[PDB]
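What follows is a deposited structure in which one can find diminazene.
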Amino acid sequence: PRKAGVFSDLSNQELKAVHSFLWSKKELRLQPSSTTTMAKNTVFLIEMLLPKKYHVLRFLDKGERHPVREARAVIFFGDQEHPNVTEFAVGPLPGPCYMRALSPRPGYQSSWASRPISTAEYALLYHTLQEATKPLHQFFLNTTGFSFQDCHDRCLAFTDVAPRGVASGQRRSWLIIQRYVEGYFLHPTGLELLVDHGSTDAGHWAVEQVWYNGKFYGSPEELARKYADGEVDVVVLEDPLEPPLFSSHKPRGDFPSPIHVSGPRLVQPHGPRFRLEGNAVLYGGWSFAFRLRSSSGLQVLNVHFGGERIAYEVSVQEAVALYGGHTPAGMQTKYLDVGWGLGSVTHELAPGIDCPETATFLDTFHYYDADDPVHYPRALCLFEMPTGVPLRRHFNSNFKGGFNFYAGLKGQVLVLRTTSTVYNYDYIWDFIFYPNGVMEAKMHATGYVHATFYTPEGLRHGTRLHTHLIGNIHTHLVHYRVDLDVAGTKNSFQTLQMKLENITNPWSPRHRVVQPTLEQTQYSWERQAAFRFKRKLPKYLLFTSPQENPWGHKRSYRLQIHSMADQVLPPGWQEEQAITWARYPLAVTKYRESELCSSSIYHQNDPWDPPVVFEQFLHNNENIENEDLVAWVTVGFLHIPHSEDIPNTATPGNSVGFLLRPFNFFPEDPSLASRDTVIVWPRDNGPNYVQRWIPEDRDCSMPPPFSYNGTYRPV
Amino acid sequence: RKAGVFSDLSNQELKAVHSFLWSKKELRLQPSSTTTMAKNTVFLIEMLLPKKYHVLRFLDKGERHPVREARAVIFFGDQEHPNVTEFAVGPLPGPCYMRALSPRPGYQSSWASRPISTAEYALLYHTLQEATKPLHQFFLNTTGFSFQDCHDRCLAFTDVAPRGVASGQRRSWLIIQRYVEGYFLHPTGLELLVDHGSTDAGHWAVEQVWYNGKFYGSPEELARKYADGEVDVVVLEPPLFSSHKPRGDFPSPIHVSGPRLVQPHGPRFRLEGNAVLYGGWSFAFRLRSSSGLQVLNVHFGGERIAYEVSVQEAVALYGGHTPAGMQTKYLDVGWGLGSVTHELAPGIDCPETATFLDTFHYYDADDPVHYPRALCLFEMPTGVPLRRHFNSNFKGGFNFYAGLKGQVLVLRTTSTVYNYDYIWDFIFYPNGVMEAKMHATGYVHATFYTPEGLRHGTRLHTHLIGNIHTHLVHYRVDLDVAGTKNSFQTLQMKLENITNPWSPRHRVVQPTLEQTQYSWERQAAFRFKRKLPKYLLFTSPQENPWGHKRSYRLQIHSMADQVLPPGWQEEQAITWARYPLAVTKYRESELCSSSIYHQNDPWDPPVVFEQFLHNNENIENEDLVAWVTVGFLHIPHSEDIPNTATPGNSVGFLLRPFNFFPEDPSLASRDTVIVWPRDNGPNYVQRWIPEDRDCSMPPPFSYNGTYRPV
Ligand SMILES: *[C@@H]1O[C@H](CO)[C@@H](O[C@@H]2O[C@H](CO)[C@@H](O[C@@H]3O[C@H](CO)[C@@H](O)[C@H](O)[C@@H]3O)[C@H](O)[C@H]2NC(C)=O)[C@H](O)[C@H]1NC(C)=O
Ligand SMILES: *[C@@H]1O[C@H](CO)[C@@H](O[C@@H]2O[C@H](CO)[C@@H](O)[C@H](O)[C@H]2NC(C)=O)[C@H](O)[C@H]1NC(C)=O
Ligand SMILES: *[C@@H]1O[C@H](CO)[C@@H](O[C@@H]2O[C@H](CO)[C@@H](O)[C@H](O)[C@H]2NC(C)=O)[C@H](O)[C@H]1NC(C)=O
Ligand SMILES: *[C@@H]1O[C@H](CO)[C@@H](O[C@@H]2O[C@H](CO)[C@@H](O)[C@H](O)[C@H]2NC(C)=O)[C@H](O)[C@H]1NC(C)=O
Ligand SMILES: *[C@@H]1O[C@H](CO)[C@@H](O[C@@H]2O[C@H](CO)[C@@H](O)[C@H](O)[C@H]2NC(C)=O)[C@H](O)[C@H]1NC(C)=O
Ligand SMILES: *[C@@H]1O[C@H](CO)[C@@H](O[C@@H]2O[C@H](CO)[C@@H](O)[C@H](O)[C@H]2NC(C)=O)[C@H](O)[C@H]1NC(C)=O
Ligand SMILES: N=C(N)c1ccc(/N=N/Nc2ccc(C(=N)N)cc2)cc1
Ligand SMILES: N=C(N)c1ccc(/N=N/Nc2ccc(C(=N)N)cc2)cc1
Ligand SMILES: [Ca+2]
Ligand SMILES: [Ca+2]
Ligand SMILES: [Ca+2]
Ligand SMILES: [Ca+2]
Ligand SMILES: [Cu+2]
Ligand SMILES: [Cu+2]
């Protein structure tokens, strides 16, 4: 379990050591992230940098030395004539000595414009709006009762929209103005503002355009004039500050059948049946390591069942929400969450609500837009839960009023979970491990919708959810990397289909038999295994090893996709360059260290010219017979908002993902080693014999009282 | 309870119908168990639901309880021209009439169409025992088992349906097996075709024999060829591979029990008879002996959503290298899908905290039969919150955390006809979402291994091929969204390409919302070839407060496709499987998509779903019925030994409110917890129900395993 350490995230200590090394280089002229100027040099992100697979596998499988441990460090060089973002690999860990260039992109000139927004930048944007919108102060008070200047409890706020412009190198953002109340996401005022914030001198930033209640106005001063002159159709909003606010989670209404007591709960008197130690997990047949990459999110690594490898890596790669709208902000919105630190917004899981009270909760540290490493309490959880359906069961009737036996194995599953709450939405990320060698990836969407001011024109792009509220139509798309190494690194890909044959009936020659046969298709080249949404996706998608099981069949794992995704943007059109992976529910590539990721932190703010274009991995149409293969999976769903999304979208029916299932991999059902199986046998003239291999449990235990902290701070 | 109008017959009611019929001396009734096909016998008795018109007047307009009746299916085999006829028997209590149902003028295959029975199997065994006598030494040498003086080493058979090549035939391929633990997986390589059409079992014959890839004409011919050395013969303590007994070792052994649910405060749903209340939900249920589980009169928040959600048919369609294998198209309603609801094991099949319900069935029995723990009803945590939000202040703290623990109510039964166990769930979420689900487990339908079999299946063991097949299930979904009169619409996203209104040299290419209305049945019959829209909506004319039509959305979870060619022979029995979704106008003559007769006369069955669309009726503002096909291709693999497992082996659908309620309907729940920060103190944890950490023990495990008259 020390070996799983090669995959582990950086400790608080290691993050400090990397940060100190960087700070000791006086030439870098580094300032804290919190300093309120853009014209500074700052370390924006530090996270572990995974060593090459070749070296990790020699360490894991051939006894060779532990590879060098390094950190990725992203530095924003804003304090120079030509600002840029540059990345370094810092190592070794422990004892950093060097910083070497990482992911260089020579000849590209928009790296500064491509960079993620930061807390300092938001502060400066607030200052720009407080100044720029002075002409509108009375307009604000009259229409909303709230303001930007001299406010305390009745403040206007903004939600920014990305991407930020119409071409590579621009940083011009539409801002949706809202009333800062409980669940403020759902309180747009009808004003939206376009701000050019490209310059490293915030004094140059300007509101370049204004939209209010269906019209463009050019400047805050023009809107103020036209309002002063009685030429603006305004919407005066009611005061929001007994009954709860519509955007609140507070209970209201009554069910016809009163529920006064707590529902049923899990108890775990015997404690966990999995072994978690550091970032290593053992659970029955399973063995795996996990990590939480600050940039991109949850990964499980080096996944084995029964002592044989199934997958080197299964990871979240990108999460997108692609909008339409009647408002300029709405029509602009294409959120790419890795551009916001999808793996860094792993906020505190509430025991008994977010995970069972019996779960193991784990803390982590992130360094993402921070002055020091920040402690995130209960960022992850791991728990076993009964599924409520048996893994297998059979009643073997004697067809004479009794039975020969009943057999069953109670359903349990191991769940590794984190969340991501970048702003309005909360995504719940699960990897799930069944005792029979089946593993599942799942995402559940909850939290608040991205919403805009209601006008009649909005109904072509959304649904009216409240008096002044439209839920814009959009699609959620998530990309997973699935580096299966089925029984080893060298695999092939094949599909199975049912095809009818029409033959003479062998026992009645005047007749025909029209019946299913089993058809196998082999794939030799990447392009053949790149399935577009328009193409028919076969029902059996197999990743095979050349090794056979005892019955002469190739040992395989099967991929099963659960999605309602489809092609959203036209292939090849503008921002679609950033999400070319979304063309493919499934694509298979040959492994390469230069293609470890389908997205990046830079994609959100330069979608026109990003550093990774997934389609390019298919350009060379490589041979994929007996190679190290990587499956890439797109799952998703169209979300047309509806009134039941108020105040939050709920999880039921709102999940997507995929299963990996053994297919001729094992000689028989690998759950057979479980001792939880029960078989009941009849006895002549007596009570039945209940055969067990583990004693019946009726024991009891209690969880600790509920607590919740809510803060995340350096330690 | 008004829900009683939907309830199954009690033990008392079944006896009353049975006594009444037996008091009619001219029916010449004999018990199901009598060992002859030349008898008249009552095969099935179940409740016959009254017409929807009368039920809704009773429920909604305070009118009289409808007349309660039974369906009685009588096999008239003790006459020159045997047939099956069905009767409405009533009223209940105190039956005094017997009215014949559903005549079919010109149809001549009634008798052949009828289900198989225990007495018929007993006669088939006798036939095999006599007919295979010449093969006695062949059996002993090749298998060590036989049909005669065999004791603990007996051969058995698995029959296959349908039974012939045309309407009116009763000619069955029988797969010979060794009768050991999990005998399903022990084929010997012999298959026999028996003609058992005659009501005189003395006339039944083995008309054909297949052994290890060759046809042999008769048992006598196979015996002589064996003796003459002209047959390629296959001659056949850890647990048996077909046993569920544990073997092997995990790398990290588990020696203790896993987590379990406790319910110290009792159920949070109310069950009274067949009526359920849970949060916003009210509904009734029944277990129809012929066709299985139904939920009826489903309300959320005092408003109707569905009049009926019911299992209609469950099919498994095979290909194979052996005659039995290539013959097999199982239709489970022809075997009493709702009658094989065998005992649920507490803690394994349902949680130990579940409420288990008994039922009575009269299906191929001498008297009504008590089935213990036939169904269960339980609430369980889903392990994922129904909703949650962390409202960051983006400065190292929070404004609040809000969450609602996930719970669902599950109504469950099973069906084990023979080898497979189907687990049928209807699931109710606190936010007005209900789900139907079926999970497959148990033993696969398997045949004897030869190399030629690998074109139709997978080798699973030394002598065993798992044959390729598709499972298909049909559901009837009679949604009455806020009322009987509904329309059907779909929503799609479509891109527009416009001038960027704030940068005119550029374009905005973006999503718009496109609505499609449907006027005629045929427009709403979606074939597997056709693209299924992402939003399938059943709509009321009533609007919510935001001016959008109150609707429920259907979301299908399936891997099904077109299996048999439309129009070809047995496909006539499963025309519904052309459509993942079809929408019809409600009619009393179209309550079911299948029947107990479809299995044994699939060429000319009494209900052809496609015909329901022939008149292509208007579906604007009508009583609509949605019909849903879900299923999956199952290519067997070695992990299916000894049994297929449930993970990833489930299909079904969701019904989700869509602009039906003004806001999230779960907001009435008092389980919600909100955590608020406080100046210079601990956070305030706001609750509307006290925190509970109590634990209790469930009942100790018991299992009976018998199902008998009481
Ligand atoms: C992005 O910005 C970084 C940091 O400003 C650039 O790297 C820096 O490049 C400069 C000039 O090429 C190096 O500065 C010094 O230049 C003098 C020239 O007289 C030379 O004699 C010194 O030896 C030294 O190289 C500087 O070392 C280097 N800084 C770091 C931390 O590597 C980077 O080139 C910019 N990227 C792009 C693509 O423009
Ligand atoms: C399976 O093949 C058979 C034989 O080719 C087809 O049966 C023939 O169909 C045509 C009608 O289109 C008849 O005129 C012939 O008399 C039939 N021949 C025989 C030998 O029966 C049959 O249509 C095919 N079925 C399918 C579903 O493909
Ligand atoms: C959240 O967690 C922090 C860290 O444990 C708590 O900070 C502690 O506050 C208590 C006061 O009860 C002191 O005893 C400790 O010295 C504090 N430690 C640090 C490192 O600050 C904090 O109180 C918790 N906040 C809430 C709202 O529950
Ligand atoms: C099926 O057989 C039944 C019972 O033998 C027939 O029903 C009888 O029909 C005769 C003459 O039509 C009536 O006088 C009897 O009263 C009927 N008996 C009962 C119990 O209903 C019936 O005609 C046959 N059905 C068909 C389609 O031939
Ligand atoms: C959206 O519409 C615009 C305008 O019709 C299309 O852009 C034109 O494309 C042609 C051929 O590529 C060019 O020669 C014209 O100069 C373009 N016109 C303008 C005004 O830009 C555009 O291709 C369409 N985009 C999509 C994805 O359909
Ligand atoms: C299964 O259930 C039946 C019904 O309760 C049990 O039979 C009863 O057993 C008691 C105790 O011996 C007898 O006194 C009664 O006469 C039986 N009642 C009836 C109605 O038959 C039976 O023992 C149970 N079987 C098993 C194996 O647990
Ligand atoms: N899903 C997303 N990527 C996403 C959606 C909306 C969004 N808007 N954020 N706006 C936003 C505005 C101000 C602050 C601040 N005071 N620190 C923080 C965030 C940011 C990201
Ligand atoms: N899925 C099905 N419908 C189905 C599958 C297989 C099947 N075969 N049954 N064989 C079978 C044989 C003998 C008996 C008897 N001794 N009573 C009962 C059943 C019957 C039905
Ligand atoms: Ca390639
Ligand atoms: Ca690989
Ligand atoms: Ca019709
Ligand atoms: Ca209806
Ligand atoms: Cu959404
Ligand atoms: Cu199957």
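Chain letters run alphabetically, one per sequence line, in listed order. Chain A is numbered as in the PDB entry, which gives 27-267, 278-751 for the residues shown. Numbering, chain B: per the PDB entry, residues 28-263, 278-751 in sequence. Atoms within a ligand are numbered from 1 in the order they appear, just like the ligands themselves. Only heavy atoms go into these numbers, but all of them, side chains included; no hydrogens, no water, no symmetry mates.
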Inset, instruction - Locate diminazene in the structure and give every matching ligand or chain. - result: ligands 7 and 8
Inset, instruction - Report, by its name in the PDB entry, the chain making the most contacts with diminazene (ligand 8). - result: Amiloride-sensitive amine oxidase
Inset, instruction - State which other chains have a heavy atom under 4.0 Å from an atom of diminazene (ligand 8). - result: A, B
Inset, instruction - Using a heavy-atom cut-off of 4.0 Å, name the UniProt Ca(2+)-binding residues of chain B that are that close to diminazene (ligand 8). - result: none
Legend entry - Option of least heavy-atom distance to atom 4 (C) of diminazene (ligand 8) (set: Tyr148(B), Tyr371(B), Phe211(B)): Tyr371(B)
Inset, instruction - Look up the source organism of chain B in the entry and report it. - result: Homo sapiens
Inset, instruction - Just jot down the diminazene (ligand 8) atoms closer than 4.0 angstrom to any heavy atom of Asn460(B), in number order. - result: 5 (C), 6 (C)
Inset, instruction - Give yes if a backbone or side-chain nitrogen or oxygen of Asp373(B) is under 3.5 Å from a nitrogen or oxygen of diminazene (ligand 8), and no if not. - result: yes
Inset, instruction - Record the part of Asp186(B) in heavy-atom contact with diminazene (ligand 8) below 4.0 Å; permitted values are side chain, backbone, both and neither. - result: both
Legend entry - Location of contacts on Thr145(B) toward diminazene (ligand 8), heavy atoms closer than 4.0 Å: neither
Legend entry - Candidate with minimal heavy-atom separation from atom 19 (C) of diminazene (ligand 8), of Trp376(B), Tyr459(B), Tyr206(B): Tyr459(B)
Legend entry - 4.0 Å heavy-atom contacts with diminazene (ligand 8): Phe435(A), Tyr148(B), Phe184(B), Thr185(B), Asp186(B), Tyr371(B), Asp373(B), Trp376(B), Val458(B), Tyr459(B), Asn460(B)
